[PDB]
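Report on one structure; see the data block that follows.
Residue numbers begin at 1 in each chain, while the letters A, B, ... track the order of the sequences. Counting starts at 1 for both ligands and their atoms, in listed order. Atoms considered below: every heavy atom in the structure, side chains included; atoms not considered: hydrogens, waters and symmetry mates.
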Amino acid sequence: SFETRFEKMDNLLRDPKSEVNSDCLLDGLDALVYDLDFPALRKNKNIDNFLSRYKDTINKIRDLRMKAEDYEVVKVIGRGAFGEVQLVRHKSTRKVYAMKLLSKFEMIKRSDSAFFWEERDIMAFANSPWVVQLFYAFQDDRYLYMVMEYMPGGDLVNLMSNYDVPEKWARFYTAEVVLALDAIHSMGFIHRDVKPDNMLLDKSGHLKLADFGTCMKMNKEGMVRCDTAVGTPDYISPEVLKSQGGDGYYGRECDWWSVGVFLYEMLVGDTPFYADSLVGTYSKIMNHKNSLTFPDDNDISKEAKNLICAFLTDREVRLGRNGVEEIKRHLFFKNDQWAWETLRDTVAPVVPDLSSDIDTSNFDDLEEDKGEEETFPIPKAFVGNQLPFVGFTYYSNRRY
Amino acid sequence: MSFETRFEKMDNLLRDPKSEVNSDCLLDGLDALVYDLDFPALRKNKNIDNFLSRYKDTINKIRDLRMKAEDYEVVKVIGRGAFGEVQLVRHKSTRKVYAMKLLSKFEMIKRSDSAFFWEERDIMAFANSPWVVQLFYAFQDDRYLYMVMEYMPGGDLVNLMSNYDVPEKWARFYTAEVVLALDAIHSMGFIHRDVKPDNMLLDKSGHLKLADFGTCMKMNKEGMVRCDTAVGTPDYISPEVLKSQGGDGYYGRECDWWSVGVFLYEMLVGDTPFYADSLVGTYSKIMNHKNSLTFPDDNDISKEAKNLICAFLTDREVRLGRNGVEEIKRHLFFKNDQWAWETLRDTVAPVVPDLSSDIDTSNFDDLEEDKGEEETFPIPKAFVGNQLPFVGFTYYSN
Ligand SMILES: O=S(=O)(c1cccc2c(O)nccc12)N1CCCNCC1
Ligand SMILES: O=S(=O)(c1cccc2c(O)nccc12)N1CCCNCC1
């Protein structure tokens, strides 16, 4: 019909998950103008005329759409790998966010993942109190921008370094991770990189999973076929670490191994497979049968050791192989201050005391500023460097 | 402006027909970028290969759903127009009858002239005037531009003059409808530059409408325009436009009124005032119009008709219509007892066409057939971008 087609086209122009919605189309044009505005390309009449035909148009667009100078940077609160995270206040709305910058040139400089799609998809659609929420995602010719919610309570690395964690706290934080990972699994993902660095606390001190860069979609039988290893040396499971080109076929059990590593560290103060060099940790992980020991200290309850050992074993016998409910039924979690279905409604072990909406006391101080880093080299022929980032924008077509 | 404003102004742009960033225009830029990249030589780059691999499924389904060529059933070819043909079509779904104009993308690019269609698309779609042929739908593919206009079953004025020895009453009517039609085009901010009986079409009631605006240009601050183009058929073209063979001259709207004078002369005499066997002969006679403009030795043409023709066929500086359109209307040639200017298009036309069906193409001569296969593009070894000049041409109506 002449109307069905008009409607079906309109479903593709609106759907927040359409590859051709208003966001993706405004990006597609925006990418082209960027990837053509070079003197060596302006020699072509078509390219030259098109840019001048759209010059006044494309500027009005870039002024109306969400851009970087719409935000007032308060302080940098994290940096490294492919950019930095900074506490920002939206100049217009005065609302406070945590904005993550991703270097386009750096990611294209051999990263082999295009991982940001998974992270953008989860944070924007998870709709879970256990997941850090994405509000806006925009871009330019140099950086990707993820406007997430601010977590003023800081991460779990900061918490463990300032407190000798008692069991009551450990049980709480382990249980919040178990529920958080269960929510991620329900969406159809294996996290593959569970660690205190990725665990952030809100203004009440409740846990949320942040950064889903290593996330991959599970198949029908809930497995992942990956030939190269992914994760962190201390928290990586034996099967993901040895995962070879032979198969590299593992389930969600790898996430529960990392939860056990997380629990061990909270109580002992060290990683279960620590060594002098990085390569030593590796031999100790493969040898978890004989390397996993508890230091002589009478403060780790029987149930704590039981749970850690149930998580820190081979995939075939590992706790959590028979679903999440058997982890919840474990005696370590048996307490009298909360229940699983009402856990995130109870008072947290460490409620943070905040001075203002911009209180960054729980984040270690950094220099900021930098000095505008190097991006893509100026093309001599049409390269199309902005094409792999078309549709990353989450602004015009977002879910409400 | 607030956040709610900056968002909503942007959101309104994607639904605004007059916007260059509207949903249909954005779908073009993506549809175009796929065509101008899907070549094995450019597939070598991963940024390009990864782009096409993702938007593969999407761009096909989009192309099938949007208004395409096979949505129309061609009834009969009714006109040839340099870059392509005009054909009477019936929309398969709605059964509505239109005149669709095709324009060869390769042919346009081949001989420059690939920007004139913007002026024609903008006028026909937004003019909203009973004197202007209306554009309903404008779509495209990788080869042709498509302009779905209203069908004019009455035919053109070329056909009329060849079948009748036009009397003055008729000439007065048709001249007055052109004057009002061009005045409506000037009011939008345009100089037609190509006023001729080929471009004047009659509706089902036999009333005039200007069709084909492929040479219209936007007037600057002073209401003038610069230009430089190899002129086709100088018969109706003015001295000033002819003396501007290379941007070496600015001219106003008075060049349109000269063409009206040529139009009136032809209706009464039966021939163009500056006709010659060669194209350069016509030009030479137009330049020497001070001495070449003559009248037949039979006083069939009245005093006022001669007065008006001579008033239109003089130098720009003294030409009638320089002081506005109202002095053309006040002329004694138009003095009649059948109609008034403000109610002219409501009166009964001198020739009301008798139509058999909604597809009665009796007022249009049969067209032969090109019998010639159209030239295509060579497979690029780089990025030529032979789709960018046709981005944002797609137009729909509510
Ligand atoms: O992007 S982060 O998740 C991150 C760091 C600091 C504050 C945040 C915050 O407040 N909200 C969301 C994410 C945040 N992060 C931690 C993982 C390691 N790499 C990126 C920095
Ligand atoms: O496009 S045309 O305006 C043209 C020709 C024949 C029928 C039409 C019709 O019915 N409607 C609109 C335009 C039409 N045209 C005449 C001008 C010369 N070149 C293009 C063809």
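- The drug observed at ligand 2 carries the PDB name hydroxyfasudil.
- Going by contact count, the macromolecule most engaged with hydroxyfasudil (ligand 2) is what the PDB entry calls Rho-associated protein kinase 1.
- Under a 4.0 Å heavy-atom cut-off, the other chains found next to hydroxyfasudil (ligand 2) are B.
- Within chain B, UniProt domain annotation places most contacts with hydroxyfasudil (ligand 2) in Protein kinase.
- Among the UniProt-annotated ATP-binding residues of chain B, those with a heavy atom closer than 4.0 Å to hydroxyfasudil (ligand 2) are the following: B:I78, B:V86, B:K101.
- Lab note: nearest UniProt active-site residue of chain B to hydroxyfasudil (ligand 2), heavy atoms, 1 Å precision, B:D194, 7 Å.
- The binding site of hydroxyfasudil (ligand 2), defined by non-hydrogen atoms within 4.0 Å, is formed by B:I78, B:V86, B:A99, B:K101, B:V133, B:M149, B:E150, B:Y151, B:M152, B:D198, B:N199, B:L201, B:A211, B:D212, B:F364.
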